[PDB]
Structure formats: structure tokens, C-alpha cells
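Next structure: contains diclofenac.
Following the PDB entry, chain A shows residues 1-584, kept in their order. Note that ligands are numbered from 1 as they come in the structure, with each ligand's atoms numbered from 1 the same way. As a basis for the values below, the full set of heavy atoms in this structure was taken, side chains included, without hydrogen atoms, waters or symmetry mates.
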Amino acid sequence: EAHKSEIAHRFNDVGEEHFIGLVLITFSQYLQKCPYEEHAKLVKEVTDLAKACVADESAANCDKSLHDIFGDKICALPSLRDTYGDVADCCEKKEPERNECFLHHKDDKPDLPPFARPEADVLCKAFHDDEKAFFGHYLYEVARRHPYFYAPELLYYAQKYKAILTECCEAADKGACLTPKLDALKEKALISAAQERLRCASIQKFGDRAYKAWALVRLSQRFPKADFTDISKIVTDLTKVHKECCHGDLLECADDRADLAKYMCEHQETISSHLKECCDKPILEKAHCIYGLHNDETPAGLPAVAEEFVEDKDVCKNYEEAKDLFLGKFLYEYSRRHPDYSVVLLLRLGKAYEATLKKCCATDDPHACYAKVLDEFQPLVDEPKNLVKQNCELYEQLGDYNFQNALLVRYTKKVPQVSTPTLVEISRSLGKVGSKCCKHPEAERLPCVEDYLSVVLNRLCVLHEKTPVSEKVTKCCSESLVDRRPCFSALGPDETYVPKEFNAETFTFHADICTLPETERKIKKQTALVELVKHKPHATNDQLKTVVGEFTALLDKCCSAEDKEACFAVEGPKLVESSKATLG
Ligand SMILES: O=C(O)Cc1ccccc1Nc1c(Cl)cccc1Cl
Ligand SMILES: O=C(O)Cc1ccccc1Nc1c(Cl)cccc1Cl
Ligand code: NA
């Protein structure tokens, strides 16, 4: 059917610069293993096409879908050697199968080196040398390692990075200005990637409704003075935005997100007085500001929630005749009254309210049956608090490195079939929850911890879905979204797993470790700890500290200030004996 060219429409809407960045992230996320040169080629072809179509919408290919265009550019690049498999695989398909094929190949942990950070002088020099190649490489490296990174926010990070560089690269000492600041930016962007990967998994694995309910809760806490209608409209629009982003339709995602920020800012009077801060800012800063805005204050003088949800004669009628409208109003009313609760807790409270209606509205006297419903939330609210206190005390007491080691041991004993790199990455990230949340006062501490654990446990679920080995992980991952944390927390040691019979011997890498920073060295020690627990799951915590001690020792030894060939292979069978000494 006759239409306005989609590529020209999106090119026109977002401008060349964001179009180029969004297209580079598109390619880098679909073909994570192809070199930068290849992607650069592709992005230039797409950008020449878009400019051709903007000039004359009738030009060849201008009427095609964005999927057709990305697909044909990909398939027609002979360069794509197929030394990288599956390029032909998906190119065999017609649309829409082709695009689905490219999409099903996104790898949540592609086989790549940690993103090595050059020294500050080099970094500053490359930036000065050529900004476009510098930021091209940056978007490519971050997108291909995080193939569901929320695309407009990745653009925003690139701008933030550029500001840090501009400020630090003139300084007397570049490194010391730069390093804390790149570090803080990296942590915020990792949290962003983890938050977005949970939105995408909620949509993909549990359906649009799972994310709509999550967004309803969060937005009702952020904008509690807004009416239900406006909140619902925002949720609707944000749902479309994240579905498009999570499915690789990034130009549409970015366009639609900008339109949503424009909308919210034009209606800021009836949403939040806090929006004024954001609404004066330029495009990416404006949306980023809105994305994480602090909660507005609760409106004074709202009725008791039991009026509408317990005492109304029509509770059953509304639940039966308009369930999503009634339960969504419940989530809105209850959430706007409780900014201090975690989203996941509010969703679990919504689920328990629903289950009580399902049961009670089927009886002879439903009010009698659900009268105590809102009271019956207290035990769900209170449930975490003792184990949270004890885990924050553990953290307070142990410090980061030992808290991570405690959790590594705990989670390896729970789900010991999980791959060692996954258990290490997961436990380290659980340890960051300690660090980020325990230092808040308790009223802030319980909501911080609950929602961060949901983002880390989702990382576990998605990594396990790639290499699936543990029935228990499958079960907790697939049974729910909102009970994942109680589900994992409830697991004791798996007394059923068969210990690994290990001569862990020659699991030493020719002293490779020494170009590695203290950080990676810690990861290595933590990897050995996981391996110790899988070999001896009934070992004492003290035995583990010790057999790890003998690891640290043998590390420094062959890795000293002198050069010798193969010190490790005489010492592998003999650490094997020293670990047979402490562990049996
Ligand atoms: O670990 C538990 O079972 C208690 C609990 C409940 C809710 C949220 C978090 C936690 N624990 C917890 C805390 Cl409080 C901080 C860092 C890492 C972990 Cl696993
Ligand atoms: O694991 C715990 O519950 C804390 C605890 C208490 C006493 C001794 C060791 C540990 N944890 C622990 C472990 Cl299990 C391995 C390496 C390093 C440390 Cl601090
Ligand atoms: Na797509």
C-alpha cells in the first residue's frame, strides 16, 4: 500500500546523529561477533540509503520495512565471512522469519575479553584524535556485550562519557580526575543494562501484561498525584517503547520514547511538579531525567484503601465484570500510597489480593471471606526483614570481598550444577547489593534490596537459559516473575548433587594472571572458591578460607619479579595434596 518511507520518517524524526548511533547499536546487537569495520560499512550504507529516501521517497528500497533494509544490508555483505556461523542460516529466510532468526541469536554472554580500559593518557589521546571513531567504537563495544541495552539510554551514556573526557583530558593529572568518574559511570550503565534485561525478559517470557503491571506499580509511586487514566496511558506508551527496543526496533523505540517525553512534559501540570527539572533539558537528558525521577509526594486526603477494595458492596462485581481495570486500579491506589515498598513486593500484594477475590467471590458470603484481605499483607511485608537485617549485618561485618565469598559459597551449595563463571558473576553482583543498599537506613534498605535482587536473579535466569543444567533454577526462573527471590532464598543446600572428583591440578593458566589487575585476580580466587565447594560441599567455612589461602600463595610464587618456564605443573599435584590435607 502507498505509504511514507519508514527509513526517511525515522531519519527525519531523530536526526542523522542519533540515526547513525541507533543503527550502529542495531547492527552491533544483531551481530555481536563481527568486527567493527564490518558494522561501520553497514551503518554507512544504511545512512546513505536513508539520505537517498529523504531526498526522493520514491527511490529504490525506500518503501521497504526497516527489517527488510537491515536484513538485505546484512545478507549482501560478502565480508561476513561465515567464519562467523549463522549469517547464511538466517539469510536463507524470508521476512518475518529472517528478522526473528537474527533476534534469536542475541547472546547474553558473548565470548569476548573484559572490555580492557586503556590508560588515561591513551584514552584522552584517542578521544582527541577522532571523536567519531572513538564513540563509534564505544557504542559498538557496549552494545555487542549487552545486546538488550536500552538503546536511547546507551546514546545518553555516550554523551555522559564525552563530558567526563572533555573535563578530565585537559587536567594536570588525567587518570585521577578520570578514574573515579568513568568507574561511577560504568556502574550506573551496568545497573541500567540489568534493569532493561529484566523488562525484556518480562515482556518476552511472561507477556506484555507482566511488564505493564510492573510499570503501573512504579509509575504510580513516581507520579502519585496523576490520575489512573494518565498513568495507564503512560504505561501503555512505555510498553510499546520497551517492546520495540527489546525486539531490536531501535529507531522506532527511540522515536516513540522521545514522543512520550514530549507528551509528559506538555502534561506536567497534571502528572508531577517534579517534571519541571527535566522538561527544560535537551532530548536525551530530558528522557533520562524522567526515566529515574524521584517520587512526588503522596497527595493529602486520599480515602482509606479498604473503602474501594474491601468495603465496597461491588468488590466481587467489579473483579468479575472488569478484572484488569479493577486490579489495575488496586495496584495504582495501593502503590501510590506506598512509595517505600519495592515494586516486586507491591506486585506480590496485588497477586495475593487477586487470589483472595478468586476464592472469596465464589463463596456464599464474599465480604465475610475477604474482610481481613488488606491485613493479611502484613506477613508478606514482614517476611524478608529478619533475613535482610542479618545479611546486612553480615555485610557490615564481613566487608565486600568476604561477603561476596559468603554468598558464593551459599549459592554454589544451592545450585551447584550452575557453571562456575555464572555463579561467580552472580554472587559478585549479589555482593554489590550489600554495598549499594545496606548503608541506607532500614526503611530504605528493604525496598532497595528487593528490587536489585530481582534484576540480579534475572541475570542468573537468562544466563541459565543459555546453558541449562539445574532443575531448581529452571523451576524458580519459570514459575513466576515476582516470587523468584523467595523461591531462591528458600533453597537449602542441594543434598542430591554428586561432588566433583577433582584433581583441580593444572587448572593454572601458565601464570597468565600477572598483566591482570587485582580485580581479575579476585575473580580468579573466587573461581577457585566455587570449584572448592563443588568438590567438597560439606567442607567447613574455615577449611575453605585455608585451601583458598594455599591458592593465593601458589599464585604469587611462580608470578614473582623473575621469569621461569612451568613452575606450576610440579605444584599442581602438590596443591592437590595440600588441599587433600585441609579438606580430605
Ligand atoms: O538472602 C535472603 O534470603 C534475605 C534477603 C531477602 C530479600 C532481599 C535480599 C536478601 N539478602 C541479601 C541482602 Cl539483604 C543483601 C545482599 C545479598 C543478599 Cl542475598
Ligand atoms: O560463610 C559465612 O557464613 C561467613 C563466614 C563465617 C566464618 C568463616 C568464613 C565465612 N565465610 C567465608 C567463606 Cl564460606 C569462604 C571464604 C571466606 C569467607 Cl569470610
Ligand atoms: Na528487529
I'm trying to find diclofenac in this model - which chains or ligands should I check? ligands 1 and 2
**Prompt:** Name in the PDB entry of the chain with the most heavy-atom contacts to diclofenac (ligand 1)?
**Reply:** Albumin
Check: What part of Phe403 sits under 4.0 Å from diclofenac (ligand 1) if we count only heavy atoms: the side chain, the backbone, both or neither?
Finding: side chain
N or O pair under 3.5 Å between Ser489 and diclofenac (ligand 1): yes
* Asked: Counting from 1, what diclofenac (ligand 1) atoms have a heavy atom of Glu450 closer than 4.0 Å?
  -> 7 (C)
- request: Starting from atom 7 (C) of diclofenac (ligand 1), locate the nearest protein heavy atom and write down its residue, its atom name and how far away it is, to 0.1 Å.
  value: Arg485 NE, 3.3 Å
_Can you check which of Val456, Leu446, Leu453 brings a heavy atom nearest to atom 18 (C) of diclofenac (ligand 1)?_
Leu453
#### Entry: For atom 8 (C) of diclofenac (ligand 1), the protein heavy atom that lies nearest, with its residue and separation
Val449 CG1, 2.8 Å
| task | Report the part of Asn391 (side chain from C-beta onward, or backbone N, CA, C, O) that has a heavy atom under 4.0 Å from diclofenac (ligand 1); answer both or neither where that applies. | result | side chain
| Nearest to atom 19 (Cl) of diclofenac (ligand 1), what protein heavy atom do you find, and at what distance? | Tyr411 OH, 3.8 Å
Notebook entry, point to check: Which residues, given by chain and number, touch diclofenac (ligand 1) within 4.0 Å on a heavy-atom basis?
Noted result: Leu387, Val388, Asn391, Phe403, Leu407, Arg410, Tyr411, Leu430, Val433, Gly434, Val449, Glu450, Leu453, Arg485, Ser489
